[PDB]
Asks: 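If you scroll down you'll find the structure; I have some questions about it.
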Amino acid sequence: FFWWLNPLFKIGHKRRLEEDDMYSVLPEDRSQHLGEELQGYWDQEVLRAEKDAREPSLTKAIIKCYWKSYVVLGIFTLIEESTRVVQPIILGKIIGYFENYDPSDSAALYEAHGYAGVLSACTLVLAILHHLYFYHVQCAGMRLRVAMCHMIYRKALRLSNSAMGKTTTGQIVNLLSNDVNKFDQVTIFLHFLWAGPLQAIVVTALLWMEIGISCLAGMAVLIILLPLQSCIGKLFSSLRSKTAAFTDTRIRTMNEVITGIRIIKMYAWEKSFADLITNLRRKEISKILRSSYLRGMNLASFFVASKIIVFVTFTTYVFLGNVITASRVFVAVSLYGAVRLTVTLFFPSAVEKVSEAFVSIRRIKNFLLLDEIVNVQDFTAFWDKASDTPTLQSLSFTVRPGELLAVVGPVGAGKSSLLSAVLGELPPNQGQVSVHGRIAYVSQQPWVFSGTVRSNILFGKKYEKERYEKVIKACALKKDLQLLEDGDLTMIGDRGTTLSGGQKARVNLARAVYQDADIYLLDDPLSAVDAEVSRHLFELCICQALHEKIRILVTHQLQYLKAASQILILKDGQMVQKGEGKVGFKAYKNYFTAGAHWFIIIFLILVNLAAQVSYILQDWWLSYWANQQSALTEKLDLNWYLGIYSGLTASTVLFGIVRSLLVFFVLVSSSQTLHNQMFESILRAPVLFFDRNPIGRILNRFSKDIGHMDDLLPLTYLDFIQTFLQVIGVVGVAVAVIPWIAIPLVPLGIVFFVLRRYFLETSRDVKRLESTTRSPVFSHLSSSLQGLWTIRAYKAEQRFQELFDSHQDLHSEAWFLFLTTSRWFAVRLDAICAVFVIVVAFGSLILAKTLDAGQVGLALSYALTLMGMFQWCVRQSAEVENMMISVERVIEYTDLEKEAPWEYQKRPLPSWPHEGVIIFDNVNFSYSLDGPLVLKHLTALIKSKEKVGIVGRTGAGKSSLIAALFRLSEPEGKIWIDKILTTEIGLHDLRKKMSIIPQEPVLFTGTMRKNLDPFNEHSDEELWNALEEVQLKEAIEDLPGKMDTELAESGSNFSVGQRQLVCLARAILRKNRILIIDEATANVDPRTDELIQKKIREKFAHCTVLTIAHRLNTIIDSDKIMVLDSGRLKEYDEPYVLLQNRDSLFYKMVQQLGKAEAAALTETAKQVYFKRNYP
Ligand SMILES: CCCCC[C@H](O)/C=C/[C@H]1[C@H](O)CC(=O)[C@@H]1CCCCCCC(=O)O
C-alpha cells in the first residue's frame, strides 16, 4: 500500500518537489554492486563458450544471472490467475439467487449476501496481487537495465583504438539511449507465456461444465488468433527495425543541416537538402504508416476478439438445441474475460517485447565482443596492418630527466603517432619501447568535462591553494578566472562549449600540471593561445618550471626549438634527422485539425461512438434474450434473435477495425503535415534564430518530438480512447439498469477528483525530476568516450566508473520514486473500484424486488471489469498530457518569422550581374533590430575587376560586411550591385551570383558529385577539369570510384588543406564575377596556403575580388584596402599610399609587425607600386 510515501505527497502539496526529496534505493540495488553480478556470469560464459569452441550467448549469462529471483514471482501469477477463474463461478451463484428468486426466503437472502462477501473478497485479493506482481516485475526490469549500462560503460572504457574505427561515438551512445530501454519491457510479461496457455486449459474445463461441447468453438477461434497475433508481432518488429536505418540517416542529415545552416544559406543549396530530407521522410513515413496499421490491427484484435469468441460459442450452442439462461451466459462471458486478457494482450505483448529485446541483445553482444627513462629502439608500427606503409619506421630515441625533446614535422608525419607509441597505444611491430615514471598526456584536442573548472584541474587530486594558484598563474589562467563571475566554480558544459578553445586547452594543460607527473607528453599545447601567451607559457612553465622533468614536445613553433635539448624531425613516418507544464484546448484542436478536413474528424467521432454502443448493445442483447427466454411447447424464433445478434456483432467487428485504423491515419497525417511545415519554417528562418538557440535545442524537436508524434503518441491516444469509452460504458450500464446508484456515485466522484488532483500536483514534479536526472548519464558517457585516451592514460578509470554509477543510481532513485508513486495512486483507484463493485453487488441485493436476472447479470458482468481498466485509463491520461508538451514544442516552431521571399516578382536579367560593380551608400548594419549598430555611415564604390580587401580590429564589422552583401539581416542605407538595389532583388537572385570561400570548410555526407554539384548542372568532364585545376585528381582517383564515390562521414578522410581545396573547387566551378574571400583559418599547412593564394590570383584574375584578411600579406597585392574601426570605415586607399601616410591606421598597424617585416613590406610595396605605376 506504499504508505511510506504519504508524507512525501503532503510535502509535494505544501511545496514543489525537488531532487533532494526522493527516498534512496536499497544498498542492494547500488549500480556498482548490481553490474558486477552480471559481469561475473558473462566472464564465466565467455570461458565456457571458449572451451566449447563456440560463440558465447549473452542470453545465457542473463538467465544464469537473474533466473533464481524472477521465477519466484510466478507465485503471484498463479494466485492472481486462480482468483480470476474462481470469481466468475461465485458470480454464477449470485445470479442464481435472482433466477430462482422469491421475496419470502430469508435463508436464500442470507446465502446471497454470503456470496456477495466472497465476491467482494476475491476482488480485493485480486487487486492487491495484481499490484504486488506488476510492481515487482517492473523492479526486476529496472535492475536488468542498470546492470546492462554498467557493463556497457565498463567495456567502453577499455576499447581498442582500431575498434573505434568500426563503431562511432554516437552509435555507442545510442545503445544506452535507445537499445537498453527495451529491457524494462521484457521482464513485465514473461510469466504470462506459461500462465496464459495454462489458464486457457483450466477455463476450457470449466466451460465444458457450464455449457458443454460448445466450449471448443470459442477456444478454436483463440487458437486461430494466438498464431496470428504472434505472426503480426514478428512482422511488426521486422518493419520497425528497418525504419531505424531511414530515421538515423534523416537525423544525421538534420544534424549537418542545422550545424551548417549559415553556409547552406550562403550557397543557396536549400533546395538540395529540402528534396533530400523530403525523400527520406517520404520513405520513412511509408514504413511508419505500414508499421502503425499492423499495430492498430493488434489493438483492434484485443478489443474485438472477446466478442468474436463469445459469438461463435453461443452460435453453436443454440444450433445444438439448447436454450439460453442468464447464469450460463454471464458465467461464460465472464470467464472469457480472463483468457482474453492474458492470452490476447500479454502473450502477444510478451512475444513482441521479447522479440524486440533480442534486437538489443544482438547489438550489445556485438559491442561487448569488440577488441580491447623513456627509450625507443628500432620501433616500427602500423595503426592498421592493412596499410601499405608503416606509420612509424626504424624509430630509435631516448630521453632522460631534464631533457626537452622537440618533435617536429608535417601534419601526419607521425608526431602524435610517436606520442601514441610512448603512450603504448601504438604497439611495436618491430623494435621496443620502455618507459619508467608517470606519464602526463596532453591530447591535441583539449578534453574538458562537465563540472567546475577546478574539478577539471584537480581531477581527483587534493585541493591545495599554493600549488593550485601556482598552476593557475603558471598556466596563465588567473586573469580569466578573475573575469569569470563565479570564478573557478563556474559551471562548464558537456564539452566546454561555454568555454573558448584556448580556455579549454589551458584548463586541460593546467590539469596535466596539477598531477605533478614525471613524463610530460606535450602535444602542440601552445597553438590555441596568442603569441604573447604562447611564449609566456613556454618560457615560464615549459622552460623554467617543468625543467626537472622529461618533456617530449610535438610543436610547429620553431621559435622555441632553440631551447630544446634535442630535436627529432619526422617525415613520411620515419626519422629524418635527430639533434511548459500545461497545455490548452487550442493545442489539441490544432493537432487534430492539421491532419484532416473537419469531415474526417467528425466522422471519426461517430465511428468511435458507434463502435462502443454496438459493443455495449451486444451484451445487452444477450441479457434481453435471456429475459425473454426466461419469460416463456413454444420457443423463440432464432432467425429473429440469432439474426439481430449477428448484426450487432458484425457492426462491432467492423467499426472496431475502422476505428483503430482511422486514428492512426489521422494522427500520422497530422505528424506528416507538421513535420513539413516545421521544416519549411526552419529553412526560411533567419540566421539570427540560429544564434539565439544552441544546435541541440533545435535538433531535439526533430529527433525526439517528431519521434513521439510518429511512433508513440498515436498509439497512446488509441489506447486511452478504447479504454475510456469502455469506462463510460461500465458506469452507464450500471446507472441505466439500477439508477439509485447515481447517489453513491456522487460522493465517490468527488473523492475521485480530489484524489486525482492531489496526485497530479506531484506527478508533474516526478516526471520532470526523472527526465532531468536521465540526461546527465548520456552526458557523462559522451564526455568519457571523448576523453577515452586521457582518462586511460592517467589510470583514472576506476573513478570514472564510480561516477557513472553515481549518475546511474541517482536516476534509479528518480525512477524508483516514479514507480512507487504510480502504484500508490493505482492502488487507491482500485480501492475506489472495489467500492463501486461492492455498491453494485450489495445494492442489487437490497433492491432485489425490482431487478431481474438478465439485468443483474449485465450490471455485474460489467462492474467486475472496472478494476484493471479504470486504474489504467487515468494513468494513460497523465501520459497524453505529458507528450502534448512535444506537440506544443513543434507547433511553436511552425510559425517562426520568415526571411523575405526567395524571389520577388521583380527579377534581374539572366545576364545580370554584367559588370560586377558594387556601391555602398551611407549603410548601417546590426545582427538584430534590438542590437547596437555594428557598422555605420559607410559609403564606398567597387569597380569592375578590381582587387580589394578589408582590415581592422576585431568586431569592427569584418564578418558584418559579408553578412550585409548576402542580406543575412537586412541593411540600413543602400547597396547597389551592377546599378540595381540589393533590397529589390530576391535572396535567390542575390546570394547566388556571388562567391564566398568560408573560413572553415564543410564537407557534407554523400558523393563527391553532390559535394561539388548538387544540381548536376556541370558537365561530366568539367569536374575533372576543375579537380585538375586544384590538382586533387591524383588523390581522389584512388577512391573506389573515380567519381560518384562515397565520401567518408563528414569527409573525415580528407585533411584540412584538402578540405579547403574542395571549397576552392566549388569556387572554380561556378562562374560568377564577384568573389569575397573569408579569413584564413588556424593550423593550415604552410605550403598549400601559398598554392591557394597563387591559384586564386592566377585563375580569378578576371573577377571582382573582395577579401577579409586574417594576415595582411594575404592581400598586399590588392589595388585598394578598406580599414574599419569601431564599426566605421576609417580608410579606403591603396596599401602603398597608406604606408606612405605614416599617420594612417594601416601604417599604425604595419608598424607593429616589427622593423624587419616593416622594411620588407616597405620595399615590396615600393616595388609593386612601381609595377602598377609603369602602365
Ligand atoms: C498493456 C498494453 C496496453 C493494453 C491496452 C488495452 O486497451 C487494454 C487495457 C486494459 C484492459 O481493458 C483490461 C486491463 O487489465 C488492461 C490494463 C492493464 C494493462 C497492463 C498494465 C497493468 C498496470 O500497470 O496496472
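Chain A is numbered as in the PDB entry, which gives 23-394, 409-615, 693-745, 756-1298 for the residues shown. Technique stated in the header: electron microscopy, 3.5 Å. Because only heavy atoms are used, hydrogens play no part in the values below, and waters and symmetry mates are left out as well, while side chains stay in. Numbering of ligands and ligand atoms starts at 1, following listing order.
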Asks: I'd love to know the main binding partner of ligand 1 in this entry - how is it named in the PDB entry?
Replies: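 The largest contact partner is Multidrug resistance-associated protein 4.
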Asks: Under what name is the drug at ligand 1 recorded?
Replies: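 At ligand 1, it's prostaglandin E1.
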Asks: Listed by chain and number, which residues of other chains have a heavy atom closer than 4.0 Å to any atom of prostaglandin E1?
Replies: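 The binding site of prostaglandin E1 (heavy atoms) is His152, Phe324, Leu363, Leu367, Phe368, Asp842, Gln845, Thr846, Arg946, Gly991, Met992, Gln994, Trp995, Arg998.
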